[PDB]
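In this structure, calcitriol is found bound to Vitamin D3 receptor A.
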Amino acid sequence: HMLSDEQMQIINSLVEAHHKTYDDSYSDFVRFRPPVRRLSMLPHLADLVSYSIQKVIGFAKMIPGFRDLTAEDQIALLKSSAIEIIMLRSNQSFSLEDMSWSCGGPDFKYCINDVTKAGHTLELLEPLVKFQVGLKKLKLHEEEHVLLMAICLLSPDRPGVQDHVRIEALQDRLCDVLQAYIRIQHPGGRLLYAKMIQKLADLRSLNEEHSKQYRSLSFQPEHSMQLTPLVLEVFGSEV
Amino acid sequence: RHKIXXXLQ
Ligand SMILES: C=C1/C(=C\C=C2/CCC[C@]3(C)[C@@H]([C@H](C)CCCC(C)(C)O)CC[C@@H]23)C[C@@H](O)C[C@@H]1O
């Protein structure tokens, strides 16, 4: 078999959508508040996350058929999934030789001790590194990484989603585009789809832990004041 | 006050 003219247009669009929303140069990073080596890294990492939340919103709008759900469904899927997409998209900067995200600048290389200086503990960070090293080891193609993000975003089993029936449909349409792609275009990926679905379930566990840890950070005015309006709105409890 | 999330529009 092969991919259909319609599934490939999904692939091309998702890929260009990721190309437009993910700057390989990382040059927008100097416009963030600097990184500093309690919670010296919070302003810089809050800035970094707030930026990539904006990118993920841009990615979503270009996912085939996202632009056609209720604006409320769009926001519910974006709020609940943003932190998982960010963890996903970030694999692109995680080098395994360094066990950090090196972002085109030594001021922008984030080791685990950096993220502790932004409020988080190993109960989150160590499962998170293991996720990224497991995901990097899967040596995904670009279309798989990008398909995996769109499938992650289009989960209908998140708090707030209304038209579950339809979100289910479009996510299923991408699961099958992906599954076809791996069968047809990836030599030696006879099990790879299943490895990717497990990575989605990983993401939920870390989302849970981040949420738990974020809530603790965001309930102290000392630290919430260092976040951004976009971060507070998205990772926040307000319905 | 006022959701950033119409950065949908
Ligand atoms: C973002 C992206 C990048 C790295 C993601 C990282 C590295 C630093 C530490 C991060 C940001 C984790 C932190 C636990 C996030 C904490 C957020 C907060 C402190 C506000 O609760 C989550 C993802 C990790 C760089 C580039 O990949 C853009 C991408 O998009």
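Order of the sequence lines sets the chain letters (A, B, ...), proteins ahead of strands, with each chain counted from 1. Whatever order the structure lists ligands and atoms in, that order sets their numbers, starting from 1. Excluded from the calculations below are hydrogen atoms, water molecules and symmetry mates; all remaining heavy atoms, backbone and side chain alike, are included.
Taking every copy into account, the model assigns calcitriol to ligand 1. Heavy-atom contacts below 4.0 Å between calcitriol and other chains occur for A. For calcitriol, the heavy-atom contacts closer than 4.0 Å come from A:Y22, A:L42, A:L45, A:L48, A:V49, A:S52, A:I86, A:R89, A:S90, A:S93, A:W101, A:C103, A:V115, A:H120, A:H210, A:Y214. The entry names the source of chain A as Danio rerio. Per-residue contacts place A:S52 under 4.0 angstrom from the following atoms of calcitriol (heavy atoms of the residue considered): 1 (C), 30 (O). Grouped by UniProt domain, residues of chain A touching calcitriol are mostly found in NR LBD.
Polar contact with calcitriol: present for A:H120 (N/O pair, distance under 3.5 Å).
Against a heavy-atom cut-off of under 4.0 Å, A:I86 is close to the following atoms of calcitriol: 1 (C). Considering backbone and side-chain N/O of A:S93, one or more are found under 3.5 Å from N/O of calcitriol. When only interatomic distances are considered, the shortest N/O to N/O separation between A:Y26 and calcitriol does not fall below 3.5 Å. A heavy atom under 4.0 Å from calcitriol is present in the following residues that UniProt lists as binding calcitriol in chain A: A:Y22, A:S52, A:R89, A:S93, A:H120, A:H210. Shown in contact with A:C103 at under 4.0 Å from a heavy atom are these atoms of calcitriol, numbered in order with element: 25 (C).
Those atoms of calcitriol that come under 4.0 Å of a heavy atom in A:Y22, given as number and element, are 26 (C), 27 (O). Short contacts between calcitriol and A:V49, defined as distances under 4.0 Å to a heavy atom of the residue, involve ligand atoms 11 (C), 15 (C), 17 (C). Not one N or O of A:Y214 is nearer than 3.5 Å to an N or O of calcitriol, by distance alone.
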